[PDB]
Enquirer: 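Examining a structure with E6201 at the moment.
Quick note on labels: first sequence line is chain A, next is B, and so on, each numbered from 1. Header entry for method reads X-ray crystallography, 1.5 Å. Read the numbers this way: they start at 1 and go in the same order the structure lists the ligands and their atoms. Heavy atoms only: backbone and side chains are in, while hydrogens, waters and symmetry mates are out.
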Amino acid sequence: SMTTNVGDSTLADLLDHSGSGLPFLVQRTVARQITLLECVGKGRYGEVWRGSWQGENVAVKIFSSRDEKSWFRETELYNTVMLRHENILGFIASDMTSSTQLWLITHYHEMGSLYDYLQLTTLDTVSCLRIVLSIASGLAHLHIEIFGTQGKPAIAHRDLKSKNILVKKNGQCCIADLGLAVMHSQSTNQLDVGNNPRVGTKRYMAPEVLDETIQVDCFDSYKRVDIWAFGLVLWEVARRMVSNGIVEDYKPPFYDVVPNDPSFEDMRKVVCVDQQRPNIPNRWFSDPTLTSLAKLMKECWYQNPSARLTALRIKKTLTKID
Amino acid sequence: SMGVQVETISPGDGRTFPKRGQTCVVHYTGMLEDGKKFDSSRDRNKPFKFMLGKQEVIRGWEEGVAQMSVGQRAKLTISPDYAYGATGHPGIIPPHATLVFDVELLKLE
Ligand SMILES: CCNc1cc(O)c2c(c1)/C=C/C[C@H](O)[C@H](O)C(=O)/C=C\[C@@H](C)[C@H](C)OC2=O
């Protein structure tokens, strides 16, 4: 560019080797050099904007005043844990300005959210398996503690859903939004649940969350809540894979029994009182891939959380499917 | 001065001070008040640039560098309201932190 000077770095160079993103002091300067361009998300959390920095695309989440504790938690996690993985959204920077604006800056994924993607296209066996395997890989990476200096605590997400998964250009996905995450280390048995009053998306809440039997001081319990939600995402995706010229329309989990923006009670009645689960379309049982995915979904949806499989076992199972 | 104490480690040219709109090229090491280093351009061997007056850096860092001449190295002790204030920067800078920066003003552009 005409404004380029010898010594200028790209974002990749600035990210090249404490914390997941840019060097701390570089975070404010880059944030305050971004030009906002297009709104790509809006919700109760605030807004997400495509922006540009030195000719590179970035995504900028601008938090609502009601969700400031998610900004705090997510910034704290990415700054204290080296969280770089192909299937976890790449953090770049966090910044605040004095009301106050709170920004979280991440990699920009032009293909958008999985929720929107499933409404814009159908899938085949290659693209379906790639999506669900990549989500399992990201989730297993979160859940597994890595020891040593280049390690990471175990992490449970607590708000996994298709809107919190982004599609990359290569057709794999990455898991986003760590504002509700909880951390655990076996070295100390310390559980870090944070201070965020936010709760998970109601439609995706596991039975033990809806009936308040979840053991809130047990890290394992939060992993099993993620597994339930992953099973729902697996169902959403599988519906959009064509087999024998047939495909289901995109629908969110429990579309047929709860309204939009369901209440706690709406979900508790469906999931806990009535013990309902998403229906498996009959056409899946004529397809070996969808038959395998249906078996996997069911193993995420046991009422007894101890019966559910691990993220790693899901990943291994999906790696063996063709 | 207000919000930032400047202790000279080695002198600049005594004549060339940053003006509004100039780009300051610096090396820095940032530490908490207990000596814990949290960031250093020296460790990655890559000078850091910011434009004076653009509020691209915390107020104390900017107003400290504004008092330095080219070539000067100085220790800047920055009060919290001239740094990251009551919020801090989650996971890095605690609330109400006084910061210590070792800064060298390499050149102006
Ligand atoms: C056309 C490209 N559309 C796009 C491209 C993107 O890169 C993003 C987003 C959209 C965000 C969408 C909102 C999303 O559904 C959810 O609410 C959420 O907040 C998930 C991720 C956040 C943390 C990051 C900042 O979002 C993106 O990175």
Enquirer: Tell me which chain touches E6201 (ligand 1) most, using the name in the PDB entry.
Expert: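 The largest contact count goes to Activin receptor type-1.
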Enquirer: Going by heavy atoms only, which other chains approach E6201 (ligand 1) to less than 4.0 Å?
Expert: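 Other chains under 4.0 Å (heavy atoms): A.
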Enquirer: Which UniProt active-site position in chain A is nearest to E6201 (ligand 1), and what heavy-atom distance, to 1 Å, separates the two?
Expert: A/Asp159, 8 Å
Enquirer: Should A/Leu89 be listed as contacting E6201 (ligand 1), given a heavy-atom distance under 4.0 Å as the test?
Expert: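 Yes, A/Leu89 has a heavy atom closer than 4.0 Å to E6201 (ligand 1).
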Enquirer: Within the structure, does A/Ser113 bring an N/O atom to less than 3.5 angstrom of an N/O atom in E6201 (ligand 1)?
Expert: no
Enquirer: Where does the entry attach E6201 (ligand 1) by a covalent bond, in terms of residue name, number and atom?
Expert: none
Enquirer: Mind checking whether A/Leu166 contacts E6201 (ligand 1) via backbone (N, CA, C, O), side chain (CB onward), both or neither, at a 4.0 Å heavy-atom cut-off?
Expert: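 Side chain only.
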Enquirer: Heavy-atom distances under 4.0 Å decide this one: backbone, side chain, both or neither, for A/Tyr45 against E6201 (ligand 1)?
Expert: side chain
Enquirer: At under 4.0 Å between heavy atoms, is it the side chain or the backbone of A/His107 that contacts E6201 (ligand 1), or both, or neither?
Expert: backbone
Enquirer: Should A/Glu74 be listed as contacting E6201 (ligand 1), given a heavy-atom distance under 4.0 Å as the test?
Expert: no
Enquirer: Residue-wise, which UniProt domain of chain A is most involved in contacts with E6201 (ligand 1)?
Expert: Protein kinase
Enquirer: Which species does the PDB give for chain A?
Expert: Homo sapiens
Enquirer: I'd love a list of the residues lining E6201 (ligand 1) within 4.0 Å - heavy atoms, by chain and number.
Expert: A/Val40, A/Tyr45, A/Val48, A/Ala59, A/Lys61, A/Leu89, A/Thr106, A/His107, A/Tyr108, A/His109, A/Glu110, A/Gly112, A/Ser113, A/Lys163, A/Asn164, A/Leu166, A/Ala176
